[PDB]
Amino acid sequence: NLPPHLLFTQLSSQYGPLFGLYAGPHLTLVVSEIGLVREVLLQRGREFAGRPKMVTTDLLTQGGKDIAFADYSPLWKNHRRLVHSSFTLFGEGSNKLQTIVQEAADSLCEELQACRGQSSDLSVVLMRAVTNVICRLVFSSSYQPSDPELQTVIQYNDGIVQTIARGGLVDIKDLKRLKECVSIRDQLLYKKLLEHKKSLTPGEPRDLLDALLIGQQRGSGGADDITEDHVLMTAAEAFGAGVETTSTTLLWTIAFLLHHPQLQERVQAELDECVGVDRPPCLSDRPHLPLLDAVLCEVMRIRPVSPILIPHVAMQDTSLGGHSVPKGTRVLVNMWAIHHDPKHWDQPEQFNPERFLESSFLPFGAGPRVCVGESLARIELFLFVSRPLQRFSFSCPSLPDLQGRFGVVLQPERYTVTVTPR
Ligand SMILES: CC(=O)[C@H]1CC[C@H]2[C@@H]3CCC4=CC(=O)CC[C@]4(C)[C@H]3CC[C@]12C
């Protein structure tokens, strides 16, 4: 009838913004209002920082050794501290990410030239580009578009997406097809991991994978220290969490610029004044591109990639609203609600980047469980989007459907778009 994110958004008007669903022994709360969600993420962030141990996830994360589906704990804090710093170093700390992402936007731009004068479907092409970026950032891969090993990775990532899309988080088989995908994935990375452990300079540099292995190098004894399996799982997750979210956010951006050609022209003016028409845009231009940033913020608001977050589990007996919340309780954060709440947003259903130009905006979550790839994401999307807008104009050749479909993320239905440069 109606997807859960809209259903509970819709019920929040008449009945409350906190809803309790029952199934089996576990209570499941759904939270559709900013104060409540802030209570879960920030205010009692630590209490609700647990994750649920499903069987798909176990396969995925070799038993909860990743970041996303592991419980808050001494081991998980060191692990994430290790991760967070790794990313910071590659993005803010220097220009390895900038370079990776610029040089990839080249390839992407080049691929698009050749697609003129078609009414191409991009999505594959972008998928490729963001996947390549993450291959680069994690292994120092040097694949070009045609490369078969890159093609392997997209194919096992793709299989995992397809598999999960049909089936379970079981919030609210064929589980063998995942194991298969997972195995080829686990092996290929491990190989890369072996290749990396052999050539390893701690001072620096040269890779997210290096950076974890160093961190794991410094690994006194069991209790709260990361094994090597977490390194591998964290590398796998950089794709798992990073590709489909980033590619989709790009797919929406473009989808919306088709509906708003004027706005696409306005951002293109911004780029022309501020950046050359030759120079590639780089991170230092960010402050000087206020509209673009607005556009990006708006896309992330209006079509949240995960309109319901992965559950937050109640680590101890706690409370929410003024209501007690037993240990083990699952809490679904309704990202669509808080991003479409008319109490907090004027014309929340209209695409208006100007609303970010002049509070309950949490595109990356927040609190202990906040996105660990936020800095990387933001840089990815800035760099990617400035370049194609600088080099290309995207028009309709009937306009794409902006409702959205739920794969493993919320995403627009496949569309054709005319791609035209200068
Ligand atoms: C909540 C969020 O936006 C991110 C954080 C972790 C991410 C998940 C991590 C596991 C995963 C692996 C994949 O290969 C596909 C997408 C999924 C299913 C990811 C969907 C987006 C998630 C759920």
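Note that chain A is numbered according to the PDB entry, with residues 53-224, 234-419, 428-466, 470-494 shown in order. Values reported hereafter were calculated over all heavy atoms of this structure, with side chains retained and with hydrogens, waters and symmetry mates removed. Whatever order the structure lists them in is the order used to number ligands and atoms, beginning at 1.
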- Choose among ethinylestradiol, benzbromarone, exemestane, progesterone, flumazenil for ligand 1: progesterone
- Query: What is progesterone bound to here, taking the chain with most contacts and naming it as the PDB entry does?
  - Reply: Cytochrome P450 family 17 polypeptide 2
- Where is the covalent link for progesterone placed, by residue name, number and atom? none
- At a 4.0 Å heavy-atom threshold, which residues contact progesterone? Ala120, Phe121, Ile212, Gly301, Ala302, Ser367, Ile371, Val480
